[PDB]
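Bile acid receptor, liganded with linafexor.
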Amino acid sequence: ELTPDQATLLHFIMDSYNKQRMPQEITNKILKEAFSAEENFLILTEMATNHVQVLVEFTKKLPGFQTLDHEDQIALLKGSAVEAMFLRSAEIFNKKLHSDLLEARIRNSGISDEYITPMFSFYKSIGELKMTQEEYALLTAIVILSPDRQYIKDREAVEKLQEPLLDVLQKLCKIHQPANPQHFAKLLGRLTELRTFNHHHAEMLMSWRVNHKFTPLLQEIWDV
Amino acid sequence: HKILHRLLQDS
Ligand SMILES: O=c1[nH]c(-c2ccc(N3[C@@H]4CC[C@H]3C[C@@H](OCc3c(-c5c(Cl)cccc5Cl)noc3C3CC3)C4)cc2F)no1
């Protein structure tokens, strides 16, 4: 039982989310270039800073995000970008159609083996959920509008913007999957798992830093 | 955090 308001809120988010387009001269670099660790780190940097450009140009389109504290709305992206990059990469790695090449480049880009194992454990775990593109898009928007983010002053104001998305996603889990009432519970469990990755991601950067060169935009979100 | 505010509120 979805409403026409939710249906039009889902429609906006989806077409806001399907507008993501990996530029051709980056996506073809994955195969055409060599797999040296420095070259792997170079490509991964470009994809990261590009998806951040994608991410801001999908977040500002979120209904009501612009109507918030300038300092707090900035804080949302600071704490949601890593989790939204994990969620977008998890979708591409479990999509059925080059995923295998990028994985090899991530594994051979200078990351400590302490962070590889949880990363692909998460990717595998997300894959078993068999999420639709609607669930990936709503989950990304839910992840951004989080009330319990750090350095947040108006926590109650964010609640008003998140609750409807959770309301929409919860209906979809009950509508499209009645043969499994834990699908919604397992969906929300991934946001919990993303927090772990978000917080021990700066250590992954640290190892990458004590060795390289980040873009100013990437330095501007991850505090480098 | 200049570029994020700059990349925000754009036509
Ligand atoms: O339309 C589309 N979108 C895409 C597409 C979108 C996103 C991605 N990943 C790439 C690029 C963005 C995102 C996450 C990851 O970022 C690289 C990345 C990460 C990282 C990782 Cl290592 C795992 C999880 C989260 C993060 Cl922050 N941490 O640092 C980097 C860069 C600095 C070297 C790999 C890969 C893609 F192919 N492809 O087609």
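Proteins come first, then strands; the chains are lettered A, B, ... in the order of their sequence lines, and each starts at number 1. Heavy-atom basis, side chains included; hydrogens, waters and symmetry copies ignored. Numbering of ligands and ligand atoms starts at 1, following listing order.
One finds linafexor in this model at ligand 1. Every other chain with a heavy atom under 4.0 Å from linafexor is named here: A. Residues touching linafexor within 4.0 Å, heavy atoms only: A:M22, A:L44, A:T45, A:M47, A:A48, A:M85, A:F86, A:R88, A:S89, A:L102, A:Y123, A:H201, A:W208, A:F214, A:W222.
Residues flagged by UniProt as binding chenodeoxycholate in chain A that sit under 4.0 Å from linafexor (heavy atoms): A:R88, A:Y123, A:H201. The entry attributes the source of chain A to Homo sapiens.
Most of the interface of chain A with linafexor sits in UniProt domain NR LBD.
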